[PDB]
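The structure described below contains quinupristin.
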Amino acid sequence: XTXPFXX
Amino acid sequence: XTXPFXX
Amino acid sequence: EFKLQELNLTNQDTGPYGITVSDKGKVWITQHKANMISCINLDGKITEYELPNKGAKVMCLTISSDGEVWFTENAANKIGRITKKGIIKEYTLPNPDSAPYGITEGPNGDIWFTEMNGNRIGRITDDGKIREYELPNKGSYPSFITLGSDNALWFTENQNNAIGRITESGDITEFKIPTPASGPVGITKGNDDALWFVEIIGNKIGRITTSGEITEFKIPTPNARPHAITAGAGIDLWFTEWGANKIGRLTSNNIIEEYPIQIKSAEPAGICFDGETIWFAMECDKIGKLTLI
Amino acid sequence: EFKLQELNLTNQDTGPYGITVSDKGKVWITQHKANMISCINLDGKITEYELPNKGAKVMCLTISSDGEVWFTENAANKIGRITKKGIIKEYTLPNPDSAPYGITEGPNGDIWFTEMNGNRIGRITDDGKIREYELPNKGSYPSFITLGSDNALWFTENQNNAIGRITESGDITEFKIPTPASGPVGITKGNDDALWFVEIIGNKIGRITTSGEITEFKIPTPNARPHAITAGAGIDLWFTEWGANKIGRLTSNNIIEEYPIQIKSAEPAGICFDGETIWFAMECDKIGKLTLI
Ligand SMILES: CCN(CC)CCS(=O)(=O)[C@@H]1CCN2C(=O)c3coc(n3)CC(=O)C[C@@H](O)/C=C(C)/C=C/CNC(=O)/C=C/[C@H](C)[C@H](C(C)C)OC(=O)[C@@H]12
Ligand SMILES: CCN(CC)CCS(=O)(=O)[C@@H]1CCN2C(=O)c3coc(n3)CC(=O)C[C@H](O)/C=C(C)/C=C/CNC(=O)/C=C/[C@@H](C)[C@H](C(C)C)OC(=O)[C@@H]12
Ligand SMILES: [Mg+2]
Ligand SMILES: [Mg+2]
Ligand SMILES: [Mg+2]
Ligand SMILES: [Mg+2]
């Protein structure tokens, strides 16, 4: 949920 | 790189 | 102690993600759903910068030395730029689908950025020439990028469990994080001149010196899932805890305090510091500020 | 035209930054890493002056009328002095850490200097009384300082985008540079009696008269990032181009010529002129001289 999966 | 940032 | 106030945005589409402040208290946010960049004036007024083409997925941004807002377009394979005159320039990358993400200024003024699918550090000049440097290892998934006290650029390698170092001549050097498959994300220069970073998986705040010495400090809340880290006053290091819905602070003696945001499921992302106020972006349509008093 | 010779130092630790010549061809350099001041004798031998305490960050220096080398200690909050008997005197500033930088001689012999964090022009006498004058604007970040034809001291205001003027009575006067946020650095008295200066961001050579009239000349190389400026022969004005790795020269008709160094990434800093040779310090462990052929 932090943009790139999973940042 | 000119001593104080950035002189 | 401190105090937590959340500013609600009027655009509700938008997805606030990367945040930065300027040579006044002007805060700039990237909004990856709205496909635009907004600025909140010192006292009140928002001004949005709608991108020409849709689906760019605006991620990280930074304010350059010559008064420009630089940003990456994760899905458009582009580097963006808002000039002092308010116009938007976009620069397409050499290779298709490089997926630019992190962005910061280099010691000479050049803008450096990371390419996740591209697996290479980037480099761009105002007049818009680009040169890249391939990483040694396959699928390092480079993310955030920061300028260290040794004037080399320091970057986290999400998949490769490392902190990377790149100097001006493209010489790349990697330091393997003791915590296996920790998946580092945020990296920033601390006021002690070491590079501080977060471990989304390991659940740790990481410190790496310019020499390469690594020390780790465990985040009290389990599964906190930290995203972005910024330096505050003195030795302070603030970080957004995306999974725990909290704001973490590494204070004196390397102790971690955690401040609950607790409007629920807010998704804290990018974070910075203007000198008095810790600013952080929450993907769920609001902007958080945190002052001591 | 001209010719470019770089002398390599034997101390490698060192970081040559500020340079000056004497009433012989004696060149003195500040070395901020070595924490010392060296002198290169007319033909051959260096003589180092090691500071008593470590971490002073020796920046600018100048040779006073009575045969003394005066210098600032950026990180030690001090003003230094080498007497003609070779002993080092150090003078602590009234306010903790004030961060002194630029330095030049006043019309009466007094030594004037700028305090960056301090935000005030300084003043020191041989017997070591100090008096300061607070700047009007918050965080002007004053840098270089030079003595103008009107016998007032002229200084650049890096943050405040201005050229400042201070007379003997502490009367301060400021002139806003047309180029927004240009970040001026080097200032010097030109042989036409106007004050000439560099814009590290604007990428321009600036000229201000004593009356206050400003004219600007664009540097041909983009992002040149100029640091220090000195007056040469006739109307010549030489300047170190830190970011472009070149030496710039404003000649006849206000034309800028640019001579490449071509030792890569050398970091040219301080610059001066002994009558025949343009001397300039390169932070990357060498000293550059440039003569007409
Ligand atoms: C064109 C881009 N510019 C200029 C416009 C910037 C590159 S640079 O100027 O920032 C740079 C950073 C530090 N470098 C040092 O020599 C240095 C950094 O810390 C120190 N020296 C301190 C020391 O005390 C010296 C000692 O430790 C020496 C070390 C660690 C030397 C390391 C090896 N240095 C190099 O090989 C230089 C490598 C690259 C080219 C660096 C940098 C650019 C990062 O060299 C420098 O120009 C400079
Ligand atoms: C830390 C995250 N966790 C775990 C702790 C929670 C689950 S989630 O947060 O990741 C979730 C996924 C997408 N959500 C959006 O808001 C979202 C997704 O697409 C969009 N918004 C885009 C839109 O704006 C429009 C879209 O067509 C429909 C929307 C936005 C509907 C929004 C209404 N959502 C809710 O009522 C609830 C939103 C939160 C509660 C949701 C949960 C209901 C799953 O989770 C979100 O935070 C997140
Ligand atoms: Mg999300
Ligand atoms: Mg330097
Ligand atoms: Mg720019
Ligand atoms: Mg004296």
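In this entry the chain letters A, B, ... are assigned according to the order of the sequence lines. Throughout, chain A uses the PDB entry numbering, with the displayed residues spanning 1-7 in order. In order, the residues displayed for chain B correspond to 1-7 in the PDB entry numbering, which applies throughout. Sequence positions for chain C are given in the PDB entry numbering; the residues included correspond to 2-294, in order. We're sticking with the PDB entry numbering for chain D, so the shown stretch reads 2-294, in order. Scope of the values below: all heavy atoms of this structure, side chains included, with no hydrogens, waters or symmetry mates. Non-standard residue handling: map to parent or X, exclude extra atoms from contacts.
To find every copy of quinupristin, look at chains A and B. The chain that quinupristin (chain A) touches most here appears in UniProt under the name Virginiamycin B lyase.
Taking 4.5 Å as the heavy-atom limit, the other chains contacting quinupristin (chain A) are C.
Organism for chain C, as given in the entry: Staphylococcus aureus.
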